[PDB]
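Bound complex of Prolyl endopeptidase FAP and linagliptin.
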Amino acid sequence: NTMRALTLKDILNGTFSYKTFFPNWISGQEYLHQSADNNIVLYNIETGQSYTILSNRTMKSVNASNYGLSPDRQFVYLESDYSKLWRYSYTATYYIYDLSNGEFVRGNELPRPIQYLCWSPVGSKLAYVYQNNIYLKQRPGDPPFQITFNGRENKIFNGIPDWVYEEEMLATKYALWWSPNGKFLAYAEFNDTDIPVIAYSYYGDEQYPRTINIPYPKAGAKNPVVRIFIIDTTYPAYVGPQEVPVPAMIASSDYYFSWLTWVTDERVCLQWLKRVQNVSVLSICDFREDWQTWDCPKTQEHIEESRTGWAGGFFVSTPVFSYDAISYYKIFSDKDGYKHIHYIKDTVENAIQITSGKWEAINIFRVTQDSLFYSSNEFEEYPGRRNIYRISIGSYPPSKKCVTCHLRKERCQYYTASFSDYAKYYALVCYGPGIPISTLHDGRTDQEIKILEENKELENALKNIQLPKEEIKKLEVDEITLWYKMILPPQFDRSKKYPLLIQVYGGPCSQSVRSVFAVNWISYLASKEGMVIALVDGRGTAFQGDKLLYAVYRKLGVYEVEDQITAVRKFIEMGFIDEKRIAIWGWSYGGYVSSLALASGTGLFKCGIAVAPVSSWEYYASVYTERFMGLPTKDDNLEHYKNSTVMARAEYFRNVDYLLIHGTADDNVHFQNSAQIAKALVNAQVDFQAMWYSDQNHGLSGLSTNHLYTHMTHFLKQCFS
Amino acid sequence: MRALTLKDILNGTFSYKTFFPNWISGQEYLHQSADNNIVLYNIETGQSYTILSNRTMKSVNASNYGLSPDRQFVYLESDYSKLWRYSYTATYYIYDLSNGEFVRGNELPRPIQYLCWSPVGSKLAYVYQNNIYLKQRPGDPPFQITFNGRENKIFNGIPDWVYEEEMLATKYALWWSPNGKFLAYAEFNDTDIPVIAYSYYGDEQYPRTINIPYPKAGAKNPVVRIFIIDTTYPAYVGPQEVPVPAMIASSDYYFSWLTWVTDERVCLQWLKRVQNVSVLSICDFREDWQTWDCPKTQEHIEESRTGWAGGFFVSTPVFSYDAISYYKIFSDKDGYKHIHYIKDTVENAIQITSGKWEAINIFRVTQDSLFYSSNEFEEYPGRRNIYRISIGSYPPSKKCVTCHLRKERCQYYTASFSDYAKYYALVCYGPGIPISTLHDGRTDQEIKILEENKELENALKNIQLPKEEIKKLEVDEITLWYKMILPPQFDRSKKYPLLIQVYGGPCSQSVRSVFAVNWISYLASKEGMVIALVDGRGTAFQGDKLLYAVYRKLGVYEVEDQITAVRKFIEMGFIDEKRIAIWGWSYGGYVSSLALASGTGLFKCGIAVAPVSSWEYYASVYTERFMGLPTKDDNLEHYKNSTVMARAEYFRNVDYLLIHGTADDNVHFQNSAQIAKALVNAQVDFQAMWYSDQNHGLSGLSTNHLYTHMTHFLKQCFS
Ligand SMILES: *[C@@H]1O[C@H](CO)[C@@H](O[C@@H]2O[C@H](CO)[C@@H](O[C@@H]3O[C@H](CO)[C@@H](O)[C@H](O)[C@@H]3O)[C@H](O)[C@H]2NC(C)=O)[C@H](O)[C@H]1NC(C)=O
Ligand SMILES: CC#CCn1c(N2CCC[C@@H](N)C2)nc2c1c(=O)n(Cc1nc(C)c3ccccc3n1)c(=O)n2C
Ligand SMILES: CC#CCn1c(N2CCC[C@@H](N)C2)nc2c1c(=O)n(Cc1nc(C)c3ccccc3n1)c(=O)n2C
Ligand SMILES: *[C@@H]1O[C@H](CO)[C@@H](O[C@@H]2O[C@H](CO)[C@@H](O)[C@H](O)[C@H]2NC(C)=O)[C@H](O)[C@H]1NC(C)=O
Ligand SMILES: *[C@@H]1O[C@H](CO)[C@@H](O[C@@H]2O[C@H](CO)[C@@H](O)[C@H](O)[C@H]2NC(C)=O)[C@H](O)[C@H]1NC(C)=O
Ligand SMILES: *[C@@H]1O[C@H](CO)[C@@H](O[C@@H]2O[C@H](CO)[C@@H](O)[C@H](O)[C@H]2NC(C)=O)[C@H](O)[C@H]1NC(C)=O
Ligand SMILES: *[C@@H]1O[C@H](CO)[C@@H](O)[C@H](O)[C@H]1NC(C)=O
Ligand SMILES: *[C@@H]1O[C@H](CO)[C@@H](O)[C@H](O)[C@H]1NC(C)=O
Ligand SMILES: *[C@@H]1O[C@H](CO)[C@@H](O)[C@H](O)[C@H]1NC(C)=O
Ligand SMILES: *[C@@H]1O[C@H](CO)[C@@H](O)[C@H](O)[C@H]1NC(C)=O
């Protein structure tokens, strides 16, 4: 064979895709996995042997795409008829299979379509959502008991989140949680009745288009109301569902429900977040026997507030409880402003700092009897790497071990972990910089037992490909460090002038300079079209302390734009960039940033591309916008909501080539955002190129993705030649 | 001295003025002068006086006026709020001219959808919240005629969306009798019609949905009931329904138009939903029952075995002074639309005009004369000349008033007649600079020049305008008339890039002797391009064989005829076969898209502005007229085969530019949304542009942006 450059076709077909192995743990030494001919194999690590538990002929009999083994292993649910709704939500038909009998569960059949379904943590209890209502099945073939009755489509939601909670708050399709032993079922009740709706046309394949209404609260609009209830699953008819008391300081004004964490069958932990998202409350509630309800004392309310910015990051960090079920470990900012692990027993005041330094603790994976596992930046001071650490708890001389630092140093510096029951064994998934690799380790010695997915097919395929060189370096301008990823063309010469493309996102709590392997569009642009690509992380980006993160608080569309400009000026003075041929592209938040950078009036960028951009913070969800911007009122931050729009910079797009793209059925960043930019450019008498994608979601999935990346390539090749 | 610039076209620098007198009597007319005073001019005693001052108009921000026939009052129209093509809502103020003060009292409500005076006296008729009200005297409390008017459902006195656009082409649906004794009105019911919903972004946090009851091809149609009310005693017997003919009511139907003959005689025109047959029913008033009798003996059928009834509309009759007979334009034995004279029956109709040319419109039927416009002169179908023929005199007369009035300059006319045709005005639209003159209605002599356009004549002195030529091609027994616009200092030895401007819809004509300084004049004047406009099968005024050729076969012959013409223009030697383009709007957007995806390799690039993509998405009134019903028993097969989306894979080696306004109520954005979706599925690249919150015509700074964007696309395509 002969070495060849990447093609656009290779990227669109996903020829250089990688496989990942996350074991579906069922016990401390057992896990499930789908085989090549679609069977379900049960691998036991201690015994070393595997067996088929659910055959391909049983899955094909009902056109099943997914499965779910019950904890007691008596039954397995068969998921078929997947019908996607929003980012996480989907509807499906569920078939219970009796493994012990060798036949499907016939009788009090499950309805269709089911919005969410799950087993209890022990036994064969079932909980499901149908027509925004929760139902309970003690045994698979038993008639269901209806828990909720007010569920109405697009108005009252039970057991599943509404649009805004699914997207910006919970980031999941469910809103119900079983207690550790299935004694209680906790759930949430969302009321979207008075929220204004977003309406958009869906053309489809019928003579007339249909309107799609979604209750969506834009910045400052009426928000949904939430009521968390806990019902006794053993005797639901006795006292019924009990509402969980909301803390006095949370209920004083509008509030959000952050997350629910079960501690024991008689103790649950709820997190609340005031509408002004700079103060969160961790309330611990205990079950009482004299009232059959949940008592929430003032003594068990732990406040976490941020005087500089917002509480947490994308979410308010969840606590990981100790074996004693009274104390917990949580990640939050220290005195210096770095998000580190703390240990809280009684009160927040007496919290003990577990990790410290000019780096951040990202996630706590497991809190065992003697070990604590977590991921961090620490290794070699690179904020874009992720490594797994293991620290001792309770032992007199403490231990601290980096499991993955030197596991495969050159190839692997971005890991994630998946723990078996009680951390007896665990799996590490390496995502880059090299070819991703999934391995399985002993939970006591950290030793690698076997390679789950090595990716030898992708390694051989890439042999004859001229992949670009990726470099993660930093710039130090005016006490502000800018980390950047530069993608260089094959056979790169520091004496030549290369056209430059900037890929931007820059949204608060984000990070785009990571040691992650990816064979994407910008890899093709550097491999075949000889372009230099750059990704810069400035103010507002996460994992480098709160001074960097909270710098964009109430000032969106200002520093993230300036930092891309500062970086381009620095890349130009390196000598290998053609100052005449520079471009910037982005999607969503990156579409807002590239539009503002292109209309900055600096003359650095020749052309720019904005895909589904945000044009004004008055058009985005209250949950995201108000977290980083505040209220759009005269008494608060209305002034900056008006000054931070793309439409106010319309006259500045006169000598630059602008390409504006947006999907007509975008439920997340509505088409209204691009419709307003286009209207402002028309009024300003400014020429630009545009593209719409009919009936397409925010991500433009399908043949639209092909068309988009082809259309953008044509625009860049014209701009650069 | 200098070439035209895009800015000159966008600003309307080379615009022309037109003078249509607002007749009030047989020798008088009103006109809003330079200082915005309403002046009255008398032709006989050549005197003028200001009847409504600029101070009176400015006091209520008035943009329009309406003098009552008795001249006691004048309505002052202000707060104009456009709705659809013709409809608008405004505030009206009655001014008492005799007293010198505004009419105080039972004030008119706001906003009023339509308002008009009776043909005599001070009677008022107006539509408010889809209901008709009557004011005997301006300061009197109104008498409510209708009560069922509900927004977007029941319409009274005004048409619904589809009747306003495709059927009446007017903002009103009420007609006063010749002396104001009776008021006739329409009642439209859109209750079960499916609606078209589209987002209107506006300037608020959330966009709003706009719903319009719009019947697409084959969908449920609005129902119509016509009534007549005695305006002297409307409480006595009330509104009486006009009997619908037995053969019209048998299935779905349309009300075509209403024509008052005398106070006690009215003429109604009906159209069957299968638009190949129309009925002219004459109804008389009966004292005995105070109702309208419509006999079978007074039903005149007009059917078309080859195609549809009429042109864009079913021609209206013009009655004689005897009020029993009438003159109507329709096809003869040979297939040419000529004037006929009907006394008793359609069978015994007498053909008034004949030949291989068409009579376009009947302007006025007087006691001894008949005025009409036609093609006849020098056999040019794109010309309009006004003729006068005698009626009643033993040896008949026939003269062409306009033919040699100004032969080189003027060959496209229109006429505005004063009360009883005592005087009339001729408006020349081209080929030369438009001119409006005033003629004596008895001798046809020119009395004065109303608007000569000397400002535009002087402005164009230093402008080297392109040469326009109207010629014809004769291929396979089919004559194609074309207008070619040549660059200044055109050389027949050089190769020039070619742009085709297309419309090609049924009943249309784009090769006319009309003066215009438009976008394509700039493209030829500054960008050295040859421009062409071809009229093939489906275009009107050349007989029914040409017109009905596209019957039930839309998107086929009009496309082929543009291709046949380009092949002929190429073999002329001065066209660069490598640089050819085609642009069109609306129907022209459908034709240019199909021509670009024909697979002939003639066109390099094409532009489609607000195109129709499938006949499933367009108005039933227009679509089922030339294509029939989209059912298995009728023409569903061709409805499916005549789509732009079915030709998606053919746009692969051509440059396509697709433009469409998001708030287009006429040709919905759905049409372009479907084309874009098909091109994505076919993996075909194209350039696109949307216009937020803009109507079908993209009026305002959106026009500026569109014409600029299209110029860039063509400049790039022709380099
Ligand atoms: C846009 O087009 C309009 C015409 O539709 C232009 O308005 C006209 O501009 C010309 C030249 O500036 C004016 O002509 C001069 O008028 C004076 C009397 O006012 C006369 O003494 C001169 O001999 C000459 O004819 C004209 O008055 C003016 N207005 C009208 C009603 O025609 C306008 O200027 C164009 N815009 C641009 C930017 O060119
Ligand atoms: C508007 C907005 C917004 C903010 N936002 C969020 N949040 C948190 C989660 C909830 C969400 N509502 C808001 N997640 C995001 C982004 C974002 O702009 N981009 C850029 C981006 N996005 C996409 C889709 C891209 C696709 C291709 C290339 C680069 C891309 N870059 C992202 O990638 N992700 C994952
Ligand atoms: C779909 C469709 C359609 C049919 N249509 C109608 N009818 C009768 C009245 C009722 C209506 N529903 C249907 N009037 C039309 C057209 C049409 O295609 N074009 C072409 C055109 N249109 C526009 C707007 C143009 C603008 C610029 C240049 C060329 C243009 N060429 C016209 O000019 N006019 C005046
Ligand atoms: C699209 O990409 C897939 C891989 O994602 C290609 O399929 C592979 O083809 C090679 C050919 O040697 C096989 O050995 C692999 O086993 C295939 N992998 C999978 C996952 O099927 C496919 O060929 C690509 N499409 C095209 C047209 O090249
Ligand atoms: C307007 O049209 C609607 C629908 O065609 C009429 O309503 C129907 O009238 C019939 C007869 O009175 C009833 O039996 C139906 O149940 C009605 N259907 C609906 C959908 O309402 C309505 O009466 C008409 N109104 C006028 C004033 O003509
Ligand atoms: C008017 O047009 C209609 C079209 O629907 C003609 O009706 C057809 O007549 C035949 C007679 O055998 C029927 O079988 C069909 O169902 C009808 N439609 C078609 C096109 O198949 C009607 O005859 C025409 N009338 C006139 C006077 O020309
Ligand atoms: C939901 O909210 C509406 C409107 O605010 C209110 O009327 C109703 O009581 C609520 N319903 C439930 C079940 O919470
Ligand atoms: C939280 O935000 C509000 C509004 O900006 C501010 O007034 C308040 O003091 C902040 N609270 C803390 C603890 O920072
Ligand atoms: C508005 O925003 C611009 C940046 O887009 C900034 O330069 C200006 O100072 C802001 N403030 C006001 C009051 O305009
Ligand atoms: C109003 O008309 C008078 C008389 O023609 C004139 O003098 C005056 O200038 C006009 N005012 C305006 C505003 O045109």
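In what follows, every chain begins at residue 1, and chains take the letters A, B, ... in the order their sequences are listed. Remember, it's 1-based here, ligands and their atoms both numbered in the order they're listed.
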Quiz item: Where, by number or letter, can linagliptin be found in the structure?
Solution: ligands 2 and 3
Quiz prompt | linagliptin (ligand 3): other chains, heavy-atom cut-off 4.0 Å | solution = B
Quiz item: Of the residues in chain B that UniProt says bind substrate, which ones have a non-hydrogen atom under 4.0 Å from linagliptin (ligand 3)?
Solution: B:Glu165, B:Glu166
Quiz item: Using UniProt's active-site annotation for chain B, which residue is nearest to linagliptin (ligand 3) and at what heavy-atom distance (1 Å precision)?
Solution: B:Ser586, 3 Å
Quiz item: Which residues, given by chain and number, touch linagliptin (ligand 3) within 4.0 Å on a heavy-atom basis?
Solution: B:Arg85, B:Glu165, B:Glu166, B:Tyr503, B:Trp583, B:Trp585, B:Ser586, B:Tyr587, B:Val612, B:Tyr618, B:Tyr622, B:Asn666, B:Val667, B:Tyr707
